[PDB]
J.: 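Sharing a structure: bortezomib (bound form) in complex with Proteasome subunit beta type-1.
To find a chain, count down the sequence lines: A is the first, B the second, and so on, and within it residues start at 1. Both counts, for ligands and for their atoms, begin at 1 and track the order of listing. Computed over heavy atoms, backbone and side chain alike; hydrogens, waters and symmetry mates excluded. Header lists the method as X-ray crystallography, 2.6 Å. The entry is not shown in full; contacts are counted within the portion that is.
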Amino acid sequence: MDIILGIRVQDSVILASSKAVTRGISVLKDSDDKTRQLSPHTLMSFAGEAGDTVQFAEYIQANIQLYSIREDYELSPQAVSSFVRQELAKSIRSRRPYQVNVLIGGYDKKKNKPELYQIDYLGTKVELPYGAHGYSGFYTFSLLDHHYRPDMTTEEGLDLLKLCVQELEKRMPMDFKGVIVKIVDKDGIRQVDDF
Amino acid sequence: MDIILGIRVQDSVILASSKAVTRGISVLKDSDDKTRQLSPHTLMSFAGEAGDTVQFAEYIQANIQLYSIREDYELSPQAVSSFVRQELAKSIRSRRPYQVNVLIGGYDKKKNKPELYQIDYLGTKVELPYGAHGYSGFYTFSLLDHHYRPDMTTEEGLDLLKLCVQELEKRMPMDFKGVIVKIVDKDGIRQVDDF
Amino acid sequence: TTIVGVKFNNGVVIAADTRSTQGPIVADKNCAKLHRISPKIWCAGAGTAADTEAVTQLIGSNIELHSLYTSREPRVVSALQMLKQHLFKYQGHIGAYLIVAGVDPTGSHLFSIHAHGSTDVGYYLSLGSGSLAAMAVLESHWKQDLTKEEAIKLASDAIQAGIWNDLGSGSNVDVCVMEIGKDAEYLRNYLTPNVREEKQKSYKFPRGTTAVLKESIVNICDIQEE
Amino acid sequence: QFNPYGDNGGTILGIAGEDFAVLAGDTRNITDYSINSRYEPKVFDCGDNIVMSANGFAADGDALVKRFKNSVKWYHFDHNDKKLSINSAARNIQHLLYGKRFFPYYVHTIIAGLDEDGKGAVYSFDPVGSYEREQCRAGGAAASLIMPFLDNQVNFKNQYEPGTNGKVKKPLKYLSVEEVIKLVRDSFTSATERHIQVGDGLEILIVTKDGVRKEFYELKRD
Amino acid sequence: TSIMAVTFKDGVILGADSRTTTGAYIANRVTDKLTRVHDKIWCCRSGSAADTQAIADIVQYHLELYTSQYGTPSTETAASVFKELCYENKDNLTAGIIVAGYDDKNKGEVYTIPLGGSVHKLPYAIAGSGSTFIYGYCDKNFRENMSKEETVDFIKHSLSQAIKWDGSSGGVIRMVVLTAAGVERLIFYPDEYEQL
Amino acid sequence: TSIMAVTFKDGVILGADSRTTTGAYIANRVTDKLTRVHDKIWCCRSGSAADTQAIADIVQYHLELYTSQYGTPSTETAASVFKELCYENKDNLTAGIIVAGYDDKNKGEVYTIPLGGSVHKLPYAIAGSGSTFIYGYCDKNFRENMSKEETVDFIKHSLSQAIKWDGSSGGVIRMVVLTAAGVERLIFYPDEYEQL
Amino acid sequence: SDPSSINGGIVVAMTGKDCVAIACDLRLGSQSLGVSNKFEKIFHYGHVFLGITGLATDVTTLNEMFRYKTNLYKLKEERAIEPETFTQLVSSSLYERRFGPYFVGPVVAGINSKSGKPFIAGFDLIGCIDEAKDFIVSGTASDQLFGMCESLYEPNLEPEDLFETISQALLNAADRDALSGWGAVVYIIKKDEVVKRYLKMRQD
Amino acid sequence: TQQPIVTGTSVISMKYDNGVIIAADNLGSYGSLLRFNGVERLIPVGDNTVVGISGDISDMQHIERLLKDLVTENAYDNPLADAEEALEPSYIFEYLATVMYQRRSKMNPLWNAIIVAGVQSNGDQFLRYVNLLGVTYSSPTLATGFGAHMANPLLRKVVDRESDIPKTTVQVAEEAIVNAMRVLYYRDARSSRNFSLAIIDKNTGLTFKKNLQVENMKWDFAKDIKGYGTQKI
Amino acid sequence: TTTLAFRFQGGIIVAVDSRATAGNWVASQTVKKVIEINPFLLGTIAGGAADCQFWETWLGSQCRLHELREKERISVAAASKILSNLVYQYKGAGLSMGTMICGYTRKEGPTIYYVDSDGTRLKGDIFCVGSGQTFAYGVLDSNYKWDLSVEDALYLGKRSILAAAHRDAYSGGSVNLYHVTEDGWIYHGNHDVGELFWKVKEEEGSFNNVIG
Ligand SMILES: *[B]([O])([O])[C]([C][C]([C])[C])[N]C(=O)[C]([C]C1=[C][C]=[C][C]=[C]1)[N]C(=O)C1=[C]N=[C][C]=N1
Ligand SMILES: *[B]([O])([O])[C]([C][C]([C])[C])[N]C(=O)[C]([C]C1=[C][C]=[C][C]=[C]1)[N]C(=O)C1=[C]N=[C][C]=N1
Ligand SMILES: *[B]([O])([O])[C]([C][C]([C])[C])[N]C(=O)[C]([C]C1=[C][C]=[C][C]=[C]1)[N]C(=O)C1=[C]N=[C][C]=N1
Ligand SMILES: *[B]([O])([O])[C]([C][C]([C])[C])[N]C(=O)[C]([C]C1=[C][C]=[C][C]=[C]1)[N]C(=O)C1=[C]N=[C][C]=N1
Ligand SMILES: [Cl-]
Ligand SMILES: [Cl-]
Ligand SMILES: [Mg+2]
Ligand SMILES: [Mg+2]
Ligand SMILES: [Mg+2]
Ligand SMILES: [Mg+2]
Ligand SMILES: [Mg+2]
């Protein structure tokens, strides 16, 4: 799929992901949610080749949910991101690699800090204040370099995110049919229904 | 460029052409007029490879304007379309062919009839009640097959055209940034500034 | 790379230059191309550096275990056979081109090995990108019944021809002499005809020239008591 | 298939002083892993106090230099023995290079001399004619080794003044001819160590108001 | 490479040049292409040096193990072991081998094994890049039941011409004589065979 | 194709097989590859039939026009006209031609012109795909100043072997004798030359 | 396409008088796009330091692999691994992936705890050991680094002088490479103290 | 664009105290076939220049005709054709170098490597190389093809730099050339035993030696070489 | 390369970077990517260095010939169309050019034309061209208004190049600023990114990601 964004503010992580699903010359769907809840305080968005994206996301989801039941404990975002990275690093030298890029946004309940991880299909992990995959970063990183300040509120983060989406809607050729925005904080994961 | 449409109604010809100009990953412009007035009652829209489109359109424009001055007379749309076809048919076997598709909408003052001609880069001419170039026809021809009637008014033609643009905006992947609509009738050529 | 091997009266000598290259860049100026398979069996290697090192270590390891198993000093033909069969199996993909030499209870021996697994016997041999320059010297100056002193001279001269005329070879000349009834003497940097001249200027900077943002002590020690 | 291009290696270096200019180049000429010549001159006096070198494919290099020398000759004939200024020479060379835009001279060209105010000047070219005046430029095979050293030791890049810690830069004091020749010699000695196509000899042409002087130094022959 | 094996009254003689080439560079000018797989069963090698060596080493192993169990193998048996290796691995091998041996019962025999892996029993055989230039000469000059001296001259003259015209062939002319008397090695230098 | 020209005491003799092939199909089994560019200047043709015919036709035209202006041309002159065409059009031609002629002053001469377009004056020459197999034989059996009968036998035996081994060569052996006496055509059929 | 120049980056190491220095840039990118300016390429296992350039996923993977192996080494041997021994372990580990290699350019640096002798080493992607006396370079600006080191370097430099030399070598080499820069780190290593310095450099 | 068909291998040469020496074998190869055994690849121009040519023989013969025609053209309206206005090595070379570079620039090269050896009017030694690409260079020793790889190393041991030229006699220089030709016969698979050698001296003039042979070869040690490793018989 | 130009109340702002690369090798940090065609016409350059220099230098010669013949300065439209018609002749041959022809005339007012080696010719208010164009667009579009002061517009152009210089690997070196008005263009200095970045970071409070 196309555009996935992430931004870590003072007390939360905000992920924005496009709703369009295009196969060929037709937009088959305009309300697609390109994300899966891995645990109550950890969310993963994804983009890449058709089929691989969902198959990988759900596979990761199942593994984290299994860990949660076994230990009766939620893994830290750092731990989940490392697990995800290893799966992709394993995958890249397989017969048929997973062609999937992901953002992992989570709130660490131990350290009381929001955390955003950017991982590509090769298994390249980086922790960032803001991140993007595909052609999205070519427009959005310059905006975020200017406006982002680390001590921002969640409302300020959403405004800064609106400014990113507006730029994408202006300058990108593909109609990505808007974005679904989700916030990850101490209280868990929730969806902003109006954006 | 991307999408160009044409529809011939009772007493006029309506041409609609996208405003977007995309080079690579950026939309450089969102107000581009993809048409040239060949004569007071003849309008040509165009789409194809960058550079070739404008170069060809202006070359045709210059030739028709030259004819108009020499004879103090306006050529019929049929005559202009045949001239245009021959230029493209000549072009296709050149060293470097013009990679341009066109629609020619004109009002014949002699017969008091609107006329729409669709010509591709190979020099393939057809007279039609409604026409399109590129991927546009794959969506719009089915709508027009259903709704079009040959005795429609200009206002009914614009409504039917809005229904085409809405479908394109819904199902096509590329954001073509709306269309510039122009009407060709007995009184000449005018632009619909609100669409 | 220029590597040579020369037989003489009571043994055999091998030699090599010390240049390693990645494209037109010199990766290592003082590379060690003479490898020890066993105490009195040494071989010079050309081609892919990791391959010559790895294939020598592996066979050298198995030769040592074989020597302990049989209670005998290892033979050059054993190293030759083990090397060629290994290289043949990998169909030339292991880019090791070797000049194998040594002394053993059967006598003194000199062989070459190519990456595809073919072996050759000779009184004088040369391999590598500078082998043509070296072989020109060998073909001009070699004779039967060479002494130890004459063979070392001929071998090092052949390497020098490679050093000066071949861009793939350079720097220093390494030698290893393997004489019958004696310890093998490994002469690392036997010749050093390419010492860099004194620089015109010292580029020692004044302290504080570089701009610094942060400083910190790194904890290398273990977790501490108390 | 016939390949009309080749690579003869070598490396060249131009440095502009306050009232002088130097153009240096090694004397080695190669193909693949063989040496053709240990002394094949590469930097040429082209008249009118201009020195030139076209490094890369030697056949194209010789052709270009030959054609520029010719251009200087006809400039005198056509314009009453007027001296061809370094800026005018540079523009002329652009047209020589771009003239073969679709079958290029496969060379990196550098010229050196004095501008019309008497100050040292170095101009640098790409194969298809793009050019730019610079205080400092290395060209050819070992250009990637030498240029960073020159950014540091000629333009004082990434250098600051002690005590201030990154606040005050090192002042851009001018360099004498004796100081420049030291940097040239060390540049080539360093390049010779790590680049196989560089060595044998170093030939430096120094340009002043008095004329064109030459200096030669030995380099490692391995 | 110019190689040949010729049967005659007292047995069989193998012959070969001594040149190994990497393109136009002569990697070895004194190569021994006549190699022993058993006491009185030898072979001439052409094509890839690595492939033919690996094959010959495997055959020698098989015939050594054959001898320990079933006694001395026939020349036909040796040719069959060569064939099995060349045929079954035809996709990965470049080996043109002539097998020649002496029994007391069967006397001198020659088997040629070209690239495909087929076997051909012949009175005499020629192979290698240089053989092309002496098909005419060898066909006209070969006779059955020649003497030792005649057969040596036939091989010497034949390989001399093959060497003269083929760039891939050269050096010395090595020969190996196989008779009831035993095994004799012969060598002939450029000054001798070029003036013929 | 197997072609050759041989100088001897009384002049020169050209020789050739008669096979033309499209792959493995013999398009013509009785081809005449010995063709006339002047009264006593002939040529042997190998390679492309179309190319060598077009060349030979042009040469015959040039020498006919030469004769009208400057009298009888030399064999060297004929070879030069062949060369000029073969060299300047080397990219578009596949022609291996042997030029042979008889003057009274120069006697028998032979010039060979391979693919490149180079010229080589020789005592005798061989060419075509089948020539490879008789380099050995021809080198060993050729002598200078042979008789007519000896030269005919030399060519007959040589081309017989070339035909025997080369699939692209076959049919009858055509020959053309060039002497002061005149021009004589000879032919030799399979039943005659195969049993040699 | 070329794995060794997708992410970009550089590492350099130098020897001094009773000390060693290892330095790296901080850039991680996707070809032209700069992604991260905090991607450190130097790691350490006990007193042995390892710098790794090349494909970033393999940089991370190998760090995790050598942490794994040096921890097991320490438990069994009951002592920290030394630079000479670690160098062999890196070579072994890389060569076992001979025909499916990690696309990396490792660099080892450290001081032998027993002998006190300074040690540096470099490797190609399949394990070949380059044990230099003076300096080691690696990454997308290796040509540039070779030129800087070969001119600036002199033997037996004091720790505080050595810092200036290696820093200027890295900075000026990085500034002539599009895929290197975006910050830099320098480790100064002595027998029983290690100082880490972040350098101020141009951010383009 | 073409491919070379009939080809000539190495041409080797060097300077000595009073002149220059050049040599090349008499073979015209047709791929791996050693087709033509009597080809002269050293072509003298006047009594002061010898042009040695390797590569495509058909192109060599073309160049041979160009030089022959150059002598004819120089004699036209030139009373000093055999004196002050005679053809110099430098004139002959520059002409060839012009042609070679022009032909490569039309993508239709003369597929050759050429060495022009001679002595100038003022007694100076001339030795310069040019090939199909129009690349030119001069050196105390010059060689083409395999000669570059095997001959130059041997010849450079005699004359390593410019200052070694006055110290090198004609006997020492000729000895080195003849030895180099032997080494090439040992190791070049497209060479022949028969060769030609030319000396151009400022005192004794042009000495052209034909029908030379490689002699004093070492082959006896071949008898002791058996098998490829383990074989004893 | 990152180059931009935008129309506003006080005329036109033109801003460019200074970097030139050959693969990953940084060939130059001091390249002049604004070409002074005449006292009222500017040309930006992106893509092939030689193509751009040669033909925009050539363009100046054609514009000078126009005003000699017509006793009147060339229009921005006519100047841009001379270049676009020229490159169109060479279409397919492999020229690599992306330019903005920026200038002011009485009849047109402040005008910008984007011209490209594919033959594209577009009039517009805002353009960003080059490998780092997307980064420049991000800053420019979010802060652009018609009613900007000369001082604020200049900073926005400077800041937009800085943004691209930071993120785009093939952009950097320094920023050249120009301001085109009724009375011609005005140069506003070379600004080294190595000093400008830290200055902007501190004062603006931006680039909080980076450590300084
Ligand atoms: B010599 O040139 O053959 C030399 C001998 C080697 C065994 C020490 N070989 C090399 O230096 C090779 C050349 C080469 C380059 C590329 C692919 C294969 C071979 N160099 C290396 O193996 C090498 C290159 N960079 C770092 C380490 N090793
Ligand atoms: B002969 O030319 O066929 C010869 C026989 C070999 C057993 C010594 N073969 C070679 O010389 C081959 C190449 C070749 C040439 C001509 C025809 C077929 C094959 N050479 C090698 O195998 C070789 C060369 N250099 C190093 C190692 N091996
Ligand atoms: B001979 O085989 O070279 C022969 C000589 C020709 C002049 C009669 N040539 C051919 O038979 C050629 C093909 C060929 C075969 C072998 C080597 C080179 C060329 N055949 C033709 O030209 C031909 C075949 N069929 C129809 C027309 N022409
Ligand atoms: B810019 O990146 O387009 C820049 C502008 C040019 C006028 C200096 N171009 C270049 O740096 C190009 C490479 C390139 C990079 C990115 C996109 C397109 C092109 N370099 C050159 O033209 C060049 C010229 N001479 C020497 C080195 N590089
Ligand atoms: Cl062998
Ligand atoms: Cl025919
Ligand atoms: Mg149509
Ligand atoms: Mg060397
Ligand atoms: Mg037949
Ligand atoms: Mg940048
Ligand atoms: Mg124009």
J.: Locate bortezomib (bound form) in the structure and include all copies.
T.: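 That would be ligands 1, 2, 3 and 4.
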J.: So, with a 4.0 Å heavy-atom cut-off, what else is touching bortezomib (bound form, ligand 2)? Just the chain letters, please.
T.: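 The other chains in heavy-atom contact are C, E.
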J.: Quick test: of every protein heavy atom, which one is nearest to atom 15 (C) of bortezomib (bound form, ligand 2), and how far off is it to 0.1 Å?
T.: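 The protein heavy atom lying closest is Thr21(E) OG1, 3.8 Å.
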J.: From the options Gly47(E), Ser48(E), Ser169(E), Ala50(E), select the one whose nearest heavy atom is closest to atom 12 (C) of bortezomib (bound form, ligand 2).
T.: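 Answer by nearest heavy atom: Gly47(E).
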J.: Between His116(C) and bortezomib (bound form, ligand 2), which residue portion shows a heavy-atom distance shorter than 4.0 Å: side chain, backbone, both, or neither?
T.: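 Neither; nothing of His116(C) gets under 4.0 Å from bortezomib (bound form, ligand 2).
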J.: In the protein, what heavy atom is nearest to atom 7 (C) of bortezomib (bound form, ligand 2), and what distance, to one decimal place, separates them?
T.: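 Protein heavy atom at minimum distance: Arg45(E) NH1, 3.5 Å.
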J.: Given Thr1(E), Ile3(E), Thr20(E), which has its nearest heavy atom closest to atom 23 (C) of bortezomib (bound form, ligand 2)?
T.: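 Selected option, by shortest heavy-atom distance: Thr20(E).
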J.: When you compare bortezomib (bound form, ligand 2) with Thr22(E), is there at least one nitrogen or oxygen pair between them that comes in under 3.5 angstrom?
T.: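 Right, the criterion is met.
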J.: Who's the nearest protein heavy-atom neighbour of atom 22 (O) of bortezomib (bound form, ligand 2), and how far?
T.: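 Looking at atom 22 (O) of bortezomib (bound form, ligand 2), the protein heavy atom closest to it is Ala49(E) N, 3.0 Å.
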J.: Any heavy atom of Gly128(E) sitting closer than 4.0 Å to bortezomib (bound form, ligand 2)?
T.: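 Not so, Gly128(E) does not reach bortezomib (bound form, ligand 2).
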J.: Is there a polar contact between bortezomib (bound form, ligand 2) and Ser46(E), counting only N or O atoms under 3.5 Å apart?
T.: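 No - when backbone and side-chain N and O of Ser46(E) are compared with those of bortezomib (bound form, ligand 2), no distance drops under 3.5 Å.
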J.: Name the option, out of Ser168(E), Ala27(E), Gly117(C), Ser2(E), that contains the heavy atom nearest to atom 16 (C) of bortezomib (bound form, ligand 2).
T.: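 The residue whose heavy atom sits nearest atom 16 (C) of bortezomib (bound form, ligand 2) is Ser168(E).
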J.: Provide the organism of origin for chain E from the PDB annotation.
T.: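 The entry lists the organism as Saccharomyces cerevisiae.
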J.: For bortezomib (bound form, ligand 2), which atoms sit closer than 4.0 Å to a heavy atom of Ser118(C)?
T.: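 Answer for bortezomib (bound form, ligand 2): 27 (C), 28 (N).
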J.: What name is recorded for chain C in this PDB entry?
T.: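 Entry name: Proteasome subunit beta type-2.
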J.: Could you list each nitrogen or oxygen of bortezomib (bound form, ligand 2) that sits under 3.5 Å from a protein nitrogen or oxygen, with the atom names and the distance?
T.:
from	atom 1	to	atom 2	distance (Å)
bortezomib (bound form, ligand 2)	2 (O)	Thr1(E)	N	3.0
bortezomib (bound form, ligand 2)	2 (O)	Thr1(E)	OG1	2.3
bortezomib (bound form, ligand 2)	3 (O)	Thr1(E)	OG1	2.4
bortezomib (bound form, ligand 2)	3 (O)	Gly47(E)	N	3.2
bortezomib (bound form, ligand 2)	9 (N)	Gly47(E)	O	2.8
bortezomib (bound form, ligand 2)	11 (O)	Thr21(E)	N	3.0
bortezomib (bound form, ligand 2)	20 (N)	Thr21(E)	O	3.2
bortezomib (bound form, ligand 2)	22 (O)	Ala49(E)	N	3.0
bortezomib (bound form, ligand 2)	25 (N)	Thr22(E)	OG1	2.7

